[PDB]
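Bound complex of Protein cereblon and iberdomide.
Residue numbering restarts at 1 for every chain, and letters A, B, ... go by the order of the sequence lines. Computation of the quantities below employed the complete heavy-atom set of this structure, encompassing side-chain atoms and omitting hydrogens, waters and symmetry-equivalent molecules. In each ligand, atom 1 is the first atom listed, and ligand 1 is the first ligand listed.
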Amino acid sequence: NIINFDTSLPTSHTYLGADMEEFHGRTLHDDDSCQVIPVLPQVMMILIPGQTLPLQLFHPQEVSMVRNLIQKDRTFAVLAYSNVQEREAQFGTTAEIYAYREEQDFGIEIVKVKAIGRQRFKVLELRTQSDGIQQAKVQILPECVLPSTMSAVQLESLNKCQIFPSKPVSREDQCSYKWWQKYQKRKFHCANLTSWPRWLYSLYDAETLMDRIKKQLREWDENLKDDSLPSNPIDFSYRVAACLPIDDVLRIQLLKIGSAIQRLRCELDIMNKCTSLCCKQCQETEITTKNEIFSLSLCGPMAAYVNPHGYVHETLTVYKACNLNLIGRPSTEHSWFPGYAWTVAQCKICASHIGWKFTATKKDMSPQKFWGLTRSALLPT
Amino acid sequence: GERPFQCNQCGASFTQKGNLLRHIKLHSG
Amino acid sequence: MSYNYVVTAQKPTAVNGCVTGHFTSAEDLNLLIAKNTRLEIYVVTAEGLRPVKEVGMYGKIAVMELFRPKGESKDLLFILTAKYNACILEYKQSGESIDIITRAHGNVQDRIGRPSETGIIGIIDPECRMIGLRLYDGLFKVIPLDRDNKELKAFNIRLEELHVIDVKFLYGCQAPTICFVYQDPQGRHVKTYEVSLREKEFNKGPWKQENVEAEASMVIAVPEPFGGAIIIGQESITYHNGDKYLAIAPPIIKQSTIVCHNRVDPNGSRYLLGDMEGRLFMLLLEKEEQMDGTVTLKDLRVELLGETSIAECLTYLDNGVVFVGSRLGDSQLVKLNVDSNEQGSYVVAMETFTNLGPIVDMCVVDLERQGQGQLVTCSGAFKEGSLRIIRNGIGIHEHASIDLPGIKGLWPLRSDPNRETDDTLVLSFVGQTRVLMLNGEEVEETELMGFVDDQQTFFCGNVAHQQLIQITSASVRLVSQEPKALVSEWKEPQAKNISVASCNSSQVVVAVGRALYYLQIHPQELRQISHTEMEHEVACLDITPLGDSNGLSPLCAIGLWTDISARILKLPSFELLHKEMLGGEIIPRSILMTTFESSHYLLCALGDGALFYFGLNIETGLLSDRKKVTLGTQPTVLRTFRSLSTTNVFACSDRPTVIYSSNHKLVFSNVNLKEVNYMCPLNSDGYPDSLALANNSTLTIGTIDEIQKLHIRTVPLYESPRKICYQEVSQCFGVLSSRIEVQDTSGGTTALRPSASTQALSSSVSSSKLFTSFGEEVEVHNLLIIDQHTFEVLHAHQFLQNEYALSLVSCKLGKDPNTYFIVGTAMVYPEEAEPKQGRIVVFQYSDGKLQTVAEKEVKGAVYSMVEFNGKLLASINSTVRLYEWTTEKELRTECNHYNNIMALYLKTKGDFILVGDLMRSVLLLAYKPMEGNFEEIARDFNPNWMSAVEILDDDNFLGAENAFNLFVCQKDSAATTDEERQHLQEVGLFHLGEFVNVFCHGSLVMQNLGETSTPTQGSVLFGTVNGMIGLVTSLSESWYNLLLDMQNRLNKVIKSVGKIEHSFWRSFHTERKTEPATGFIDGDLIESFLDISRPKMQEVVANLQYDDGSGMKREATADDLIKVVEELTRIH
Ligand SMILES: O=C1CC[C@H](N2Cc3c(OCc4ccc(CN5CCOCC5)cc4)cccc3C2=O)C(=O)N1
Ligand SMILES: [Zn+2]
Ligand SMILES: [Zn+2]
């Protein structure tokens, strides 16, 4: 069930251009501070820190705004719209600019830009400017970090029994069910002084939760061991939150969580207890099989891609998807996967635009076996 | 042909106008 | 808006470090023990440990080393607290005053840095040149040691090695040298550096890096003439010295790893080692090699000595006695006898110091006296697990009960010469004296021939020459044992009445009017020896012979009714040896002189309920020692009953007390009685060593319990106890316990040692079907039934394999009249991480047998369980479930509430429920009885590590969180905004310094209505890991403000050890933030107001505006607060 395809082209965003003006990221807010940051409208997507956003610029005012930001601090504020529309939002994310091209072609303004989130904030007020680009109130939300759960009750004598040797090899049977048992027995050895068992303290351990999430990620599809998965729990939590196929309310709830351990526990509960996906209109869909969700990119099963005209669709790549119909021919001028050809995949019952079918173009790949969905009408149940 | 009809919200392509209008009203609401 | 008051009801007992050295004096050898915030100094003698000083510091002792810089007579002490407060202390004494002065002090923390995961390491140069400290990873903080370094200024040195396991300074080096073992991805290596003070940077080490075993744990520096370092791993011990290198792999030490060490020889020829399972090793180094005078190590022999407590830290005192300091068990003093070898053990226990930590659970129960509670804790772990019963004061166990209409005096009598046993008790009423006779247990009243039936008897006891003296109100008429006839009768020459009578072994001094006549007890006669008159009326008289002689009292102190002054005058004369005018107004009630442990005192008890203790000089004169203790609110009559091979004194008052001496100072305990008016020791044949205490309504006879303020009784279990609950109907305790059993090579499990679970009177094994390698150890969980009287394990129910019992509650449900033991378990497997299934099982102890009434299978782990108004409230995973007990003896679910947090903690107060988890996510519920579904009131989410919960009131909630803190949350239901009523404001912060495990409602002091009630409302006990019991009570606004003013004023007066500011220590601490403590009153500091001198108490009071009684009395005096702080002391 493996095809000879490199999982780095969709992440590279080569369908925009090739001679991308790479800009080095050297910015950071001072933490816990009042700030004012401009907001680009006409975007409806919750952005998680660390996730890459591909944006298209058409209107002259927003192009002027992004040019001014380029000749300024290269950070705007991506707003996190709630269920109620009309700018009924309370949270957001600061996105840093690291790529910019013009590519006039038709040539009105036309701007190619890619942004990645860096920090979270809670907006206090939403001020609207007469120019058309609004600047909102920004309060930087610090990312809480917690020490080991046993440092409070730890014994001073047996503190030398706290530096474990490196994990032997990786991903081997009886080489993990025993090493993890040893690690649990030796790390939470002071759980006898408290009133709770060792496994309860291991439920709140960062490393154990990351290992469990890694095992689940391998269960979804083959992961290349330490395949760009960060060691720091904050970054791992943000990557997992970016790659989870969940609706808007779940993502904003994940964003509201301020600690790495709570975020990891919530993500693990989400991927362990949610299996059913719905077709919004329709009662259900064949996409209910979560076990066939592939990930043909380094970023994970989901990434953000922009169409020729402004709008941005984040997609989910799955192995199989029934209850769909095909309209149109397999066009290939703007497929988000360079070695693939895209086709319009329409729903079979409610006929709501969700998914794109892909057809064979080369030899060493999967012929007529591909699906790329969207959050347009997919909800988890 | 060149078929200038093209859906902007979704990106669906049509050689006529009836299906494009149907898809526009589908996007609406 | 919290106004809480936290006090320490029992100081921490666990030991986390001990050192020896010549600290107090260059000739004495001290043993310094640091409990946590307390530093204890002992002096080792032939018998054992003699306490010298007990001082508590404003921090958690984390580093404690004794060093002697050049030019100093005795060792100094270096202490670093958990908040990085470094200090250097010196012991100083001037005759009798003992003070630990602070030579140098400072704060050695860094502005930014992640604390190391291995902890603080404090090491000192053997030549006393600097102090090295590893506080943060990648940095080594060096403190130069100079006479001019009074502020402890330090400079950091960069370690290129991130993870350092252990570091120690090497001995016999010209330049300072460290030798540490550190971790790399390639393994563990040992490296050395030469610290340079002038250069402020490391250098090249004496010997190159050597690869060591991948489990090396500790580095021990071997002194001269050996040199080098020994590195002890989990399988081998190696000796590195550069050119020299030896290593052994003994098979004895591979069961458990060595955790602590101590050198026993000054030249490092033998060493001590201890492991996790608690057996004592002895590493022997052989120096038989000698080439040309140089001495080098040749052999590395290891021998096993015996088995001791689970030792946190060892220490070798002189003459082969070793102090095994344990942190989860009783500390010990073992003896390294060489030639006994009873069965293969070289160690014999000499002493055993009490240690209550860790406390995992507790319950308050009134075991003996109704109204007064007792604390039963679950202390210890592994083979150290046990139960501790704590009660306050010395109780009296009544053995007789007789109705007496207000006896005004109880005196013993022996109407049997050459019998050595009292036979009759002389009860004296207002006008009559009834001589009750009791040979066995009878209550007969046999009148004596020589005793007047109708007379106010003041004294009637045995006298010398086989005579009985009865100095009644009418006259002092003597009697005799055999003939029972009045040998003498000293009637008043002026026909006056005797007011105060005091008869001794040889002297009988009585006072009539303002004149006192001293009549000696002549053989078969009554002969006077002196006569004098007093300026004022004689309030009381006391003529008691002191030590030796016992035939003539050197002094006879009397009290003046119209002057309220105490004067000591010689018995055969009238000159006043000393005069004292302590107190005033109320006349004295009783005067007595005592000799507690070769220390002479003269205690005067005024009629206002205060005892004026004062020392006395036997030769001439008396001391002053002005100190008053309000030992009740009624006039106190002092009686002396030995009953201990010690003098002792009984203070009969509204609140009885027994004045005893602990080491050299009188200590006042409490008698667990309502009210005792008079007391008298009766060594009758039927009541041997009894104490007939006559109350104001009836007379009773009983025996005292002990002479200790706190009595702790240990019931060992030899297994880890988890939870305890008391079932009063069955008069038994339900204790969950778990023992370690090793998986041997036979498919079964064999116990490591006989435990309390395998040695029960009866036993059971759970048999329910609603559901590796050799050497592996598994936990077997049991439910014990422990009798409430004898404390013997009546039953021991064993749960299913791989089943973990988490919660235990004892309550009755619905309309069922039976009380049930309900246990919530969780079936855990190594394969999975979050449990999938668990059981709720209901037991019932009836007719001495335990049966399973009903069991319920749930899909999760039952973390906590409480009773909710007759319904059972379980917590399965992250759902709170309400269960109802039907008439079929079955549980059915009634209400579910799916939370986003996992409900570890459950509390209940009426219709409210408090829910929390380890992430300090406090969440509150409220049950609607009319609608039957839980509804949420408030929320408080804050990512932090939380240890316990407690509901102080309907709108105040208490808990413990990370860095040993306490916090109080409070909901504001009066807010008109919906965004605020759903938030729990934090109105309290405090740095306790302890890891709180359990919160309990109750108090160890008897609760009475008392009309005026108490200035503090409620009482909540808590037990910590170090083994200390706290007590937090609510306060009023004005009282809190007055106490806070007192607290801020005291800090300018008292001197702390290390000059650590009080506000800095109590400020709420966390690894990411800090803030001053608010809404909490430090009870220890306030109660330390009674311990300072009078001038300090006068400087404390200047404007405290104490008169909160609608006024000010700006002056506020100094005795006004003594009354205020006394009420605060009486609560525990
Ligand atoms: O893999 C996939 C799956 C399908 C997905 N598509 C096709 C598509 C379009 O497809 C027709 C089309 C293609 C190309 C253009 C060229 N422009 C560029 C700038 O604006 C003016 C001219 C316009 C319209 C047009 C609009 C939106 C989409 C859309 O969402 C996609 O892009 N990549
Ligand atoms: Zn559909
Ligand atoms: Zn469309």
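- Looking across the whole structure, one can locate iberdomide at ligand 1.
- In this entry, the other chains with a heavy atom less than 4.0 Å from iberdomide are A, B.
- In terms of UniProt domains, the contact of chain A with iberdomide runs mainly through cult.
- The PDB entry gives chain B the name DNA-binding protein Ikaros.
- The PDB records the source of chain A as Homo sapiens.
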